[PDB]
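Step one of this worksheet: look at the structure below.
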There are 2 protein chains.
Amino acid sequence: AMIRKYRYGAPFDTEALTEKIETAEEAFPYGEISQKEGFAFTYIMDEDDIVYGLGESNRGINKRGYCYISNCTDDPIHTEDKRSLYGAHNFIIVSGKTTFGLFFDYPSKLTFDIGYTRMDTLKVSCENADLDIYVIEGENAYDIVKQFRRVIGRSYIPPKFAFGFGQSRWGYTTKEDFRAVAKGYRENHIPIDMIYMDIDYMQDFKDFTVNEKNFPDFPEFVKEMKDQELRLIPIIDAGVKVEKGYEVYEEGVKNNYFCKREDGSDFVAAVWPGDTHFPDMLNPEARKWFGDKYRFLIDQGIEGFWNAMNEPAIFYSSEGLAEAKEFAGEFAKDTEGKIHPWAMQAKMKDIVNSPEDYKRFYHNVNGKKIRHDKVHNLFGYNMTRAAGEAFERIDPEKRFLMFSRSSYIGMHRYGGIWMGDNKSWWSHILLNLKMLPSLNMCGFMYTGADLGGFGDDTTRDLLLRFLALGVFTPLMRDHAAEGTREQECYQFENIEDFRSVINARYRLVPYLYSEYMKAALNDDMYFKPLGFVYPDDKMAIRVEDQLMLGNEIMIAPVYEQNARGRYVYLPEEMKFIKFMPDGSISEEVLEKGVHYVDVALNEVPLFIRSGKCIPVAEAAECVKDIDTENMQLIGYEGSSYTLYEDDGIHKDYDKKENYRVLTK
Amino acid sequence: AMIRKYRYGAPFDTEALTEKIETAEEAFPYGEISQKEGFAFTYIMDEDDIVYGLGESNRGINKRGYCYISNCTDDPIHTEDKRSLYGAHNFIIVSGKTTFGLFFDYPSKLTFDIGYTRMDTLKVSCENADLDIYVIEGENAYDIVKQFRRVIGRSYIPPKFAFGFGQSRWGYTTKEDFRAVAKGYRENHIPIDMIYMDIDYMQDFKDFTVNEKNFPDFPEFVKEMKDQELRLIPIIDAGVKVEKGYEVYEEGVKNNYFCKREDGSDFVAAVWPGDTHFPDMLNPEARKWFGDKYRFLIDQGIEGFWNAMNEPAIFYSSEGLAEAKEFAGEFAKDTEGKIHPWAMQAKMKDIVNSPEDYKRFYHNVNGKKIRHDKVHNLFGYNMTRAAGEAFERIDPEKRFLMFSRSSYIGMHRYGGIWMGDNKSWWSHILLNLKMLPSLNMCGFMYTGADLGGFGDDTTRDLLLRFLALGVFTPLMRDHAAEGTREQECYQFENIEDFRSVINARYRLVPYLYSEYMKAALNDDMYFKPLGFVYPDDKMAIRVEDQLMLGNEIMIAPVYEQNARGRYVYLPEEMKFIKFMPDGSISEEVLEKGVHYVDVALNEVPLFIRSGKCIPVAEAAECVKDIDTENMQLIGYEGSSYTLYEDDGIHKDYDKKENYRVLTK
Ligand SMILES: C[C@H]1O[C@H](O[C@H]2[C@H](O)[C@@H](O)[C@@H](O[C@H]3[C@H](O)[C@@H](O)[C@@H](O)O[C@@H]3CO)O[C@@H]2CO)[C@H](O)[C@@H](O)[C@@H]1N[C@H]1C=C(CO)[C@@H](O)[C@H](O)[C@H]1O
Ligand SMILES: OC[C@H]1O[C@H](O)[C@H](O)[C@@H](O)[C@@H]1O
């Protein structure tokens, strides 16, 4: 009754919504709709309007002032000009004199022109008028976000061990490599729960295999690590290698489980393994078949996974390759200088993630063929769903760690997201930061960035400041591209500073897990923009480098190089808290208003709100060893905090026994 | 105060310094010098040390925390990872408990590892121990900079019209193209003094030609523009087109003025015109010849030039083109996928600005041949030198507007610099801001960035914020690359806001010009880091997004999208001044400390120091029409300002009549 659905044309059913809403009849409530040039919604914003939403997209929390295109793409360079990243999250809220929310349930290229062409004009457009548009009324943005979280279904809930720290690198390939990562953290008493396994752990990049030479006794090595509270988290990619005798390949061909060209041939895309086929993620039998394959790893004691390249990413097709080799031949013997090297270079680039490739294959949805570009943004979503739904068939009682690169609203039910291939840039700390509340609005709460920066070479101080933000993000992992400077914590001087920052994480795990569980079970946000908590404060609403977490604290990470502190704005009196390197916890009461606060490199800051407190455990080196029986309570005297806690493994969430009231 | 010179091996004479310093024979006074593997200076920094310097290079004012390689390169993507931009400015100051400046007078690839490898370690190294190292000492960093400015000789001083606003775009081609730009500005009563002519004004990109089809009577068109106080500033590039009958070409080949390969043939490098030769800029006869060619344009009424592509940039050599074609041929006929597309993609990229190409040509220096790589960073410097020296021969009492892309210390005497191919990113406003004081330290005072962003698509608000920074940079011009969204001030709605911002530039010209002249004539800085003005204030010395200008004011531009103000730190009491859209000047006193200030998109902010004032003229539409007879004084009652003022055209600097003391 607070939300309505306006259907246009004959929309593909994306299954984003868990709740069935009936079709409205009245004219569209806001702005103007047009079908002349495909589809277009146009709305004139008031000058003070703020625009929230779009989950994992570029730029700031207030999306006004640029162009965002929902079209999942494998782009490893996240600069301010980019209009499309990995995610398609078609939820926005207009917040101001007139406030309302909009969800565009449409699975293809969707363009959000938010004040880019004209400052006061918001224009959302697509090629085909086949979509549902949900209008969500409410008092304010926050109320609107909660109604939306309601109808998209509960967010994915990870096992507790996943709130620990994790370390990965594109390049770990042997037992020796993993044993050295283990030794490096454990011997230095740096806390850690997870080590990620990247594509080198497979036999020639074949999904659902393990390198036979390097891991001849894999179940035994997995237990070797698990005995140390180190859980190996292996990657699975979208592309299944074309290879005779490889069982996943044979089965997909034989049973027509792969995406096909119009002529019914299995479509070929080059990725890490060379030529591959894509499983048909939109076909239920194909999804079930692919998901069940996870059994092969779970049977060996693996308790979590990550999916990459699920846009799906294409290095080139067979068609593109031939086109490029042909153009190259021309260039090769162009004596007249009619073919310039930049044309040769543009062609080589053009065959990567080519829009024309996305037009070359089809999904078989219950007998009916649909051309992939028409449902492009659903591929990653349905690949993750394949996995989620298999975990439930395989072990219904157990929580698995699961997250993916590309996504669509609806996938938030089956796994988290990481923010993809960022860079070792200071601007990416703030990018990681600003994406958080937006991802929360779209149901994606288990999320984080590659700490230290995935691409390029990091520095000791950059890695330390990344980690201090990572302290607060449910996914906290250090991951690095191949060829980059090594960025495990033990690669730098004065390693005690890394132990100090990660200790802060573990000491906060009971509290952070608690807020996440509370938020997930009540369709609420784990991170909130300040405006959500302080609607009446015209200064607060425009703050973009601070976030509220739960109902107790605010975070404000340092993201400028060489800085020894930062400016903050406090909408209410708060206690400025710092996790000090000696293990202590400094406290200072600061009043409402502007402040500059000192935050050294080896110090982790946060603020505790007036009349609140939070529990803080003593430092432990893994999640299982954290002591929750007697932890200190930091914050305001006389206040109380409701701690959610369960076994962190199963799905028994209701029980009154999961809650205890702590009182300072 | 003190300067010493330490000589290693047999340095190339760069002519950086104008003052002679005797060679020191005592121990090197700071850090360690090693010559076991080429050359390396190693210094252990104290923890609070700030490192200033490096002029035009990546990142912030404090250079600690990264790696900078002086190696002039044509790179249009200025992201945080880049180690080399256009500039090779080998001056750094270590500032802390122990303070000292070092200038590394070396013309080739020099690597500054400033806390990159180990946080506490500063390491400067190069391939050959053939260089001079100047050690400067004094009270503090500012003292040390001023002594450096003395020995490198007086900075280039532009004509007063160059303190106007200028408009450019790669694409202006015909007389209609230019008249429309003139029309767009003059009819909307937006001030402007200059329009830039990019490469398309030439006949087939030939240096020192004009397209005689589009400009049949060029000198008349030049006058037609000048009669409206609009001065065409044409570009000149380094590569002279290979073309029989082209006199510049024929003369260059005939007299051996071009850079030759090892065998004596004229080296061929492809640029805008296709095949070109490079004038041998380090050869005195060659320089005089090339420089003399500017007469062609001056004779037609041109009073300013800019140079680009003077790294020199190389799209490819004949040698590299042949290589890439040979590789493309193998890729083309490869059937066993042994040659992957990304290898083809890499080769294509590797032929641009190839380190191998910089080893393929030589300079003839007074009869001695030197391979170009060994003196690479001197090329752009000497190209700008050729122009400046030609100007003095042509008319020694007259100032020409001149600036270049690539440079080396010493070039600052002959022309200014623009910050090259930036992007329409909010983060480049900050990049622009931060590069300024560093450039000043190195003698480059006439400088600025492409306002609104060169590459990629700008927005109305990004342009307006970029122009409010431009108001204060001596070079203020809006420039864009081909294929970008058009970003002339008149390409946007509510054009009055652009009038307002440019109007502030013109109201401040008398003051900004006065400040520039006083700084230049006194070997002093126009822009200064807060640390130089408030050395004892430990908060002020860490500020990197505010700058002192002259001795009267401080600037603090907004560089955040959607921001309606920003945090500022005032190290003393100041008057907060804004030039309002309505042409009024808001004023508010603010005590020392941290403040949040409101700055609307259409307001230009600055601060006036306690006990100071500045002259503010009424808005005019060109420099010539500014009424400096009776300017309003803004700031503190009872304060005095010394206003420098000459004809802005000739070089009659030393008249006492040039100075007039004003008191508020
Ligand atoms: C110093 C150097 O510059 C000379 O060139 C011009 C200057 O750069 C201008 O600044 C300008 O100077 C004027 C004064 O500022 C002004 O107050 C007036 O009183 O006198 C000047 C007239 O405008 O004009 C200069 C005119 O050329 C000059 O070209 C150059 O030679 C000077 N360098 C020395 C070189 C020699 C060679 O023996 C001698 O002439 C002197 O020792 C130096 O002047
Ligand atoms: O061509 C796409 C990819 O090809 C190879 O995988 C390269 O290793 C990688 O750097 C590139 O992005």
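Below, chain A is the first sequence line, B the second, and so on; all start at residue 1. As a basis for the values below, the full set of heavy atoms in this structure was taken, side chains included, without hydrogen atoms, waters or symmetry mates. If you're wondering, the header gives X-ray crystallography, 2.0 Å. We count ligands from 1, going down the list as the structure has it; atoms in each ligand are counted the same way.
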Which bound partner of ligand 1 is the main one by contact count, according to the PDB entry?
->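 The main partner is alpha-Glucosidase.
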How do PDB records name the drug found at ligand 1?
->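 It's recorded as acarbose.
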What are the letters of the other chains with a heavy atom below 4.0 Å from acarbose?
->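 Heavy-atom neighbours of acarbose: B.
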Interfacing atoms of acarbose (cut-off 4.0 Å, heavy-atom, B/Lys655) =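 Answer for acarbose: 17 (O), 18 (C), 19 (O).
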Protein heavy atom under 4.0 angstrom of atom 44 (O) of acarbose, is there one?
->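 So atom 44 (O) of acarbose lacks protein heavy-atom neighbours under 4.0 Å.
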Is any heavy atom of the protein nearer than 4.0 Å to atom 19 (O) of acarbose?
->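 Neighbour list for atom 19 (O) of acarbose includes protein heavy atoms (cut-off 4.0 Å).
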If you count the atoms of acarbose from 1 in the order shown, which ones are under 4.0 Å from a heavy atom of B/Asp654?
->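 Those atoms are 15 (O), 16 (C), 17 (O).
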Does atom 35 (C) of acarbose have a protein non-hydrogen atom under 4.0 Å from it?
->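 For atom 35 (C) of acarbose the answer is no, since every protein heavy atom stays at 4.0 Å or beyond.
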Protein heavy atom at shortest distance from atom 22 (C) of acarbose |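 The closest heavy atom on the protein side is B/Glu397 OE1, 4.1 Å.
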Measuring to protein heavy atoms, does anything land under 4.0 Å from atom 25 (C) of acarbose?
->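 Under the 4.0 Å cut-off, atom 25 (C) of acarbose does have protein heavy-atom neighbours.
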Backbone or side-chain N or O of B/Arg154 under 3.5 Å from acarbose N or O =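 N/O-N/O distance under 3.5 Å: no.
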4.0 Å protein heavy-atom contact status of atom 7 (C) of acarbose, strictly under =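 Not a single protein heavy atom is under 4.0 Å away.
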Would you say atom 39 (C) of acarbose has a protein heavy atom nearer than 4.0 Å?
->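 When distances to the protein are checked, atom 39 (C) of acarbose has no heavy atom within 4.0 Å.
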Specify whether the nearest protein heavy atom to atom 10 (O) of acarbose is under 4.0 angstrom away.
->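 Yes, because at least one protein heavy atom sits under 4.0 Å from atom 10 (O) of acarbose.
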What is the listed source organism of chain B in the PDB?
->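 The entry lists the organism as Ruminococcus obeum.
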Which other-chain residues have at least one non-hydrogen atom less than 4.0 Å from acarbose?
->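 Non-hydrogen contacts come from B/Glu397, B/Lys651, B/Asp652, B/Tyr653, B/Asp654, B/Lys655.
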